[PDB]
Peer 1: 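The following entry shows pemafibrate complexed with Peroxisome proliferator-activated receptor alpha.
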Amino acid sequence: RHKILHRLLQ
Amino acid sequence: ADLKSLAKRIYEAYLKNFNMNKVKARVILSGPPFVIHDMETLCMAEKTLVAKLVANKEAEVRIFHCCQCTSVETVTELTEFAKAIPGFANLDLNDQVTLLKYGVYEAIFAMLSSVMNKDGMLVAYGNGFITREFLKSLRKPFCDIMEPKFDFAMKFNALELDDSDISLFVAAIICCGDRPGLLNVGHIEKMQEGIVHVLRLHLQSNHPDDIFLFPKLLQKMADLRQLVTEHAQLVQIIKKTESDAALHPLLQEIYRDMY
Ligand SMILES: CC[C@@H](Oc1cccc(CN(CCCOc2ccc(OC)cc2)c2nc3ccccc3o2)c1)C(=O)O
């Protein structure tokens, strides 16, 4: 639901 | 546990990860930033500081775009900062996302206060100063974006926090265990309890003159949640009714299903 946040968080 | 050391760790993480902080801002505000007080000086500032943007739509929509770009940058800084709060990186990735989704604009408006005074605010990495009256002069609905944030900031700045306080306040905003949709509420509540305890003791040490500073800041956290709810409603009106005022995809993801 938050692919950019998910990507930033990894 | 060493709570003075935890406070220092979070302050050091804030100094590393945020391009703007209150020390830097005050050096600049003390007097160089290009002053944007009218349409002529807006257009001049754009040609120097955001040249590619005007190499055109209405001035209000250009300003909206510049606002969003700053938010995108600050969300990225907040994501790296959050990785430094104890327990945050041990959470499920899905809960890390949720905490950031709800917390980033509360943190943005808290930190925005550091670049504001009663007459205007620093923009473009401290190279512009846009006046509060100019922003009020924009056509509706764009003139309604910043004024509530100035009103919050004038009272927040009157608390006379420094960056060591703000770093902990921003960490406590991010570690709220009552965000909608959290999976591991119990672990997040304990993480929050620990950060809030560090904040409490730090304020006691750093502000011995103001015995209510901790409950004042708990209230400011609640004020910020309400400010963000109202801001999200205005963003939705703009998105729906202003076709030139596209939302950046990271911000669309943050706002989608938020409130
Ligand atoms: C509109 C939708 C947008 O709302 C807002 C509302 C209020 C504040 C912001 C982000 N913001 C203001 C940047 C203005 O940026 C320019 C740049 C250049 C310019 O003219 C040349 C005009 C404005 C900001 N500043 C900060 C400084 C320090 C810490 C956090 C900071 O956050 C976005 C959203 O919801 O994302």
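Quick note on labels: first sequence line is chain A, next is B, and so on, each numbered from 1. Atoms within each ligand, like the ligands themselves, are counted from 1 in listed order.
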Peer 1: With a 4.0 Å cut-off on heavy-atom distances, which other chains neighbour pemafibrate (ligand 1)?
Peer 2: B
Peer 1: Which residue and atom name correspond to the protein heavy atom nearest atom 12 (C) of pemafibrate (ligand 1), and how close is it?
Peer 2: B:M121 CE, 3.8 Å
Peer 1: Please write down residue, atom name and distance for the protein heavy atom closest to atom 11 (N) of pemafibrate (ligand 1).
Peer 2: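 Protein heavy atom at minimum distance: B:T70 CG2, 3.8 Å.
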Peer 1: State which organism the PDB entry lists for chain B.
Peer 2: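 The entry records the organism as Homo sapiens.
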Peer 1: Which residue and atom name correspond to the protein heavy atom nearest atom 30 (C) of pemafibrate (ligand 1), and how close is it?
Peer 2: B:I108 O, 3.7 Å
Peer 1: Can you report which non-hydrogen protein atom sits closest to atom 22 (C) of pemafibrate (ligand 1), along with the distance?
Peer 2: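 Its nearest protein heavy-atom neighbour is B:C66 CB, 3.9 Å.
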Peer 1: Provide, to 0.1 Å, the distance between atom 21 (C) of pemafibrate (ligand 1) and the closest protein heavy atom, together with that atom's residue and name.
Peer 2: B:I36 CD1, 3.9 Å
Peer 1: So for pemafibrate (ligand 1), is B:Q68 a polar contact partner (N or O within less than 3.5 Å, distance only)?
Peer 2: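 The answer is no, given that B:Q68 and pemafibrate (ligand 1) share no N or O pair closer than 3.5 Å.
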Peer 1: Would B:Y255 count as a polar contact of pemafibrate (ligand 1), with the cut-off being nitrogen or oxygen pairs under 3.5 Å?
Peer 2: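 It does: an N or O of B:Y255 is found under 3.5 Å from an N or O of pemafibrate (ligand 1).
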Peer 1: Go through pemafibrate (ligand 1) atom by atom and flag the ones less than 4.0 Å from a non-hydrogen atom of B:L251.
Peer 2: 36 (O)
Peer 1: Looking at atom 10 (C) of pemafibrate (ligand 1), what's its closest protein heavy atom, distance included?
Peer 2: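 Closest protein heavy atom to atom 10 (C) of pemafibrate (ligand 1): B:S71 OG, 3.4 Å.
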Peer 1: Pull out every atom of pemafibrate (ligand 1) sitting under 4.0 Å from any heavy atom of B:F64, numbered as shown with elements.
Peer 2: 1 (C), 2 (C)
Peer 1: Give the residue and atom name of whichever protein heavy atom lies nearest to atom 31 (C) of pemafibrate (ligand 1), and the separation in Å to one decimal.
Peer 2: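 Scanning the protein heavy atoms, the shortest distance from atom 31 (C) of pemafibrate (ligand 1) goes to B:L112 CD1, 3.9 Å.
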Peer 1: Starting from atom 7 (C) of pemafibrate (ligand 1), what is the nearest protein heavy atom, named by residue and atom, and what distance separates them?
Peer 2: B:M146 SD, 3.4 Å
Peer 1: With heavy atoms of B:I145 as the reference, note each atom of pemafibrate (ligand 1) found under 4.0 Å away.
Peer 2: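 This gives 6 (C) as the contact atoms.
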Peer 1: Report the UniProt domain in chain B that accounts for most contacts with pemafibrate (ligand 1).
Peer 2: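 The majority map to UniProt domain NR LBD.
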Peer 1: Output the list of atoms in pemafibrate (ligand 1) that are nearer than 4.0 Å to some heavy atom of B:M111, sorted by atom number.
Peer 2: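 That gives atoms 29 (C) of pemafibrate (ligand 1).
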Peer 1: Where does pemafibrate (ligand 1) get N/O contacts under 3.5 Å from the protein, atom by atom?
Peer 2:
residue: pemafibrate (ligand 1); atom: 4 (O); partner: B:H231; partner atom: NE2; Å: 3.3
residue: pemafibrate (ligand 1); atom: 15 (O); partner: B:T70; partner atom: OG1; Å: 3.1
residue: pemafibrate (ligand 1); atom: 35 (O); partner: B:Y105; partner atom: OH; Å: 3.3
residue: pemafibrate (ligand 1); atom: 35 (O); partner: B:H231; partner atom: NE2; Å: 2.7
residue: pemafibrate (ligand 1); atom: 35 (O); partner: B:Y255; partner atom: OH; Å: 2.7
residue: pemafibrate (ligand 1); atom: 36 (O); partner: B:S71; partner atom: OG; Å: 2.7
residue: pemafibrate (ligand 1); atom: 36 (O); partner: B:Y105; partner atom: OH; Å: 2.6

